[PDB]
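So that the names make sense, note that chain A is the first sequence line, chain B the second, and so on, each numbered from 1. Quick note: numbers below take in every heavy atom, side chains included, and nothing from hydrogens, waters or symmetry partners. Whatever order the structure lists them in is the order used to number ligands and atoms, beginning at 1. Displayed portion only: the contact tally does not extend beyond what is shown.
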Amino acid sequence: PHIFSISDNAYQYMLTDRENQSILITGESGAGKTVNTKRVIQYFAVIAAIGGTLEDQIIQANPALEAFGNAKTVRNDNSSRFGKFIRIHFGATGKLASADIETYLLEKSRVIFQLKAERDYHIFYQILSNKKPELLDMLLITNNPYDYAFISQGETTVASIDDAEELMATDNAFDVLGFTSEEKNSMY
Amino acid sequence: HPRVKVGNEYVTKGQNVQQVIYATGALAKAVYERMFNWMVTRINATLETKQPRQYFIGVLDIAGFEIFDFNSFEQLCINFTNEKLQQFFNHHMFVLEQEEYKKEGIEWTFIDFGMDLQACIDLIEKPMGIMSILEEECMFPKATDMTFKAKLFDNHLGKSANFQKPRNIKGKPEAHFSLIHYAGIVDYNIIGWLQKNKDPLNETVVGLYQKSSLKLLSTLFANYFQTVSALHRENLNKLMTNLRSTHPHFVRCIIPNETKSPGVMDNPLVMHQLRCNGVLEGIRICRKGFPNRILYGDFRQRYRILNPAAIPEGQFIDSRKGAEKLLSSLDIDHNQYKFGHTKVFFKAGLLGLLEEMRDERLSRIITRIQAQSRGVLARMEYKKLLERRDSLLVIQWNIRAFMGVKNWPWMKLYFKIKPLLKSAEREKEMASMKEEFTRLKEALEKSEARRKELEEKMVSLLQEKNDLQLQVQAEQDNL
Amino acid sequence: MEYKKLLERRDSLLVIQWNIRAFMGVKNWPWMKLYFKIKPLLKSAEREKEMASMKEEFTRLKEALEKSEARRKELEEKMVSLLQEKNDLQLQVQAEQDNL
Amino acid sequence: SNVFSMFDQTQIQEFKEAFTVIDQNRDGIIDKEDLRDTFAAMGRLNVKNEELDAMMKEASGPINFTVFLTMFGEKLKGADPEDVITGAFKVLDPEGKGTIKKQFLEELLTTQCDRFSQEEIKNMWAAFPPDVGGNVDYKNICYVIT
Amino acid sequence: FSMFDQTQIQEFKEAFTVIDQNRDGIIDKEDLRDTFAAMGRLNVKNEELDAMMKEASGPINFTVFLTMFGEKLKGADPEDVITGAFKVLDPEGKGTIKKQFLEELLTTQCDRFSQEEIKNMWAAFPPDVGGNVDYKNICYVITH
Amino acid sequence: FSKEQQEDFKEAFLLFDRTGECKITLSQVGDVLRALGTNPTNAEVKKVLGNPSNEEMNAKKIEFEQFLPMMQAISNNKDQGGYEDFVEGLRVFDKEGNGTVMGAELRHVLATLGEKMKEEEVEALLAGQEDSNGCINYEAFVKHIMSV
Ligand SMILES: Nc1ncnc2c1ncn2[C@@H]1O[C@H](COP(=O)(O)OP(=O)(O)O)[C@@H](O)[C@H]1O
Ligand SMILES: CC(C)n1c(=O)cc(N[C@@H](C)c2ccccc2)[nH]c1=O
Ligand SMILES: [Mg+2]
Ligand SMILES: [Mg+2]
Ligand SMILES: [Mg+2]
């Protein structure tokens, strides 16, 4: 038993019945739905990798949306705050063809308000806690998170996240997804 | 001083310090949320290698269930959106699968697993649900969170099995309600919800955003009844309608323990999760039911290989009657299969046994066939390596000729005169003539084929597009 | 813009002047003056006429074929996108019935 | 210098056939009596001593095979413009009429290109007498250049 | 003669008949002087022109011309087949492989010649930014 | 300027002179110096000439050797405006603030309000540069006209 067995089963029923399939990852928060999704996507990515631009893009489409989507909560250090549905499209020859990300609602309220023991969205602190001064000064923001009232309330340092690298990761996720530098800078 | 319209002229209203703070919050939220949805729309604008599509596999992670000590509008949205996905599990495994058995006329008795929560999704989704209230209430400029709380309690208390009054044992009884989403309690704080649902933006300020020098901020606000509740709802209803056109496999991820202690596994939390995910019922129905069915035409043709004397080629064979003879010939336990109108039915023991017998019978025949295919693949590829070796050989020979010629003093005649001479005048002419005529023939036939087929397909789809467009017009009229 | 357009156009006019100057240069009497102007020569006039006629046909069709191939691709791309839109619209009519 | 024109342009080695395969002796050279078949190649004119003056002016007679071929390579230089000329005419007038007046361009190039004298303007007027249409046909000109 | 394609034989006949500038039927020093001055450039003033006669002193006919070129033609093959062979050799069929792949394979698979001649040609251009062996240019530089 | 600069300046006059060697265009020469060097206000050209008559502007042709110093003098008037200086200009005509200028009032401004311009040039300079709504991306128009 493994999640990779379910992904292979869905690819087999696809090729045999000639019908669309789905893999419906579910549970409580903190169980692994985002990582299992990243693994199912890794399944199709590496399967098409032995037999790539879309292959990589579908994997990175999770963490780039996570860094904006997601905030450390009391229930998980990396709990996402938006619903996502992916379609992975395959051609007749069974190779990877296209993908389609539909997202249902971002927790927009979090951007200005956090309870004790929970962060604002990770993009905020990882731009503040920064290895790159240029991001810190182009925003002309202070390196200390605490003075900005809306993000600073709640809790802003976490036991398990290297925000310097999570910033590096989100930067790389937009690099591979091909967001232009002007778009990436404008959204920061 | 936001500008509001009164007739054709705009009037100016002075804002309070608290309400300008709230408006700056709303501007921060709506710029963030639009920036996120635009980032998704740009992801969906890449992720497209423009290749023709025939099958998709939809992978869903639509929320973690969550309890915090403080839950708000999106903690309702996230818990609800998962709630629908688990009710989809209930419907697919226990309704959709079990109804098919009775429809096919199998001697099967429908068993009620009792796993249903459709009352609580209807509690949210229905035009009388919580999200329906928050959308009907947020239109009124004179609405307030406290009356929203009154009407919200009045409509559901004593009318929904999942809606109950809160206890507020930990205090804070200012304005609370609790909703028992599938995986347990979640308590909610009603404060601020209406402003969050409407998200009213100061129209002068967004009009200035539209007017911004920053191309993104204009693109975000270009083209700024349709509340956040309603838009989310319609996306999630699209989700289920898009998903019912797929064959689903479910994955139940279980949290073991609160404290992140790895390798530790708290039995009460995991077992309660298996209880709420209804997994033991999925075991019961997979063991008792029939996990796999194949169309008579597809399987008779696929596994006739098990006994070609039962299904001889050329001779007429009925798929149902042939399937009856073949399966009787396998000598398997006759209680492990059933006959449907258009699908054959197998237990999991028989399915697995037929699967393996098909794999072995195919292995004995097709491995011989594959041995021949490996024969032809290796032979042809290594012949290509022999041809590429031969080309390498004539390359190194001509390179040796090339050195022999340029070091040769006579090369002055050889190099310059032959481009001038008749061979470059005529052999190149013949080469271009045959190249052009061959490309002419192939390009002409391929383009005519494609156009003739594709124009009639396009017009057929465009007519269907206009018919459904008229249907949409009828919808927009009724709405 | 005016300056550059005038210079390039007058330079082309200088090429046109070289063309006519060349003809007066050619109004000298060589053996070729008789044979080139009138058409009796087989390989030079006839085979170049074959080169020009065949190339004329090939290149005209080359254009037609490349633009046609593109137009067929464009329709394919339109049918692929319409196929997605027709399926999403089929789902959307069920969604709209739910709106009703 | 003069031998380089034969090397720069192309479609000229083919003209050597207009020597090689129109020669009456098929031996390799223009003899002092090839005029006998030039009169037949034209058809409407006959023997004249001026053809001998041609044979003496254009060539030294049978001494060197290449001097005939390089004389034709000397004439070759004209072939370069047709690549540019079509564009030059489209940029001159893109609408299509191309009604460039004869006495208009006759006074244009004198002002635009170099200083044309009486023998040069004699050659320019002889190049195209003003037709009753009053415009130089760009197509007739290109076919003339052809 | 069976080794030669008749095209090259006729081309050798065309070259031999055009090279005999004085209708000599044979080649001499003065013919070489006019050939180099007309075909080449004034830089041919070097004594090396006298060394060219040392290679084949005395009159030589088309038969010996063909036999001398034929033995000199060892390792040479008709261009049309070499074009086809190069198009088959390329995996992509269009001249875009990198030099390091081809030089490693040619030296490994057969006939370990000196590496330096193939390396100097293929590294005459940087293989990381210009490694594309556009074989038409290679075959023509060998010949045309 | 370099001695090789004046030669290529000279042949501009040599193409524009329709005379075989006594013309340079008193009415059109300053207009061409914009292309070879920097561009002045025409009034400054008139001030270096010393305010001649309009009939002089239509009938007179001047002598080139006296004009070589004029090349430098017309080049001399520094404090020409920069990119930001120009881009803040058309914003005062922009009554929207978003970065577009409607061509119905843009051509009006360029024709009616500043120095005189030959109107056909005003028609053809913006031709092809418009958008479908009938406006101009003037920060592009300025970075167009400053560069090329
Ligand atoms: N199977 C697993 N292997 C490794 N880490 C896991 C696994 N499941 C969950 N985690 C960890 O638990 C946290 C939550 O995982 P995630 O996939 O984000 O689930 P959720 O989205 O429900 O929070 C992360 O820190 C992740 O590394
Ligand atoms: C109706 C549903 C539960 N179902 C089946 O009951 C059987 C399916 N497929 C058969 C044909 C199969 C068996 C083994 C490998 C591939 C496909 N698909 C299915 O989707
Ligand atoms: Mg998650
Ligand atoms: Mg003769
Ligand atoms: Mg000799």
Which compound, drug or drug candidate, is present at ligand 2?
mavacamten
Name in UniProt of the chain with the most heavy-atom contacts to mavacamten?
Myosin-7
Could you give me the letters of the other chains with a heavy atom under 4.0 Å from mavacamten? Thanks!
A, B
Across chain B, in which UniProt domain are most residues that contact mavacamten found?
Myosin motor
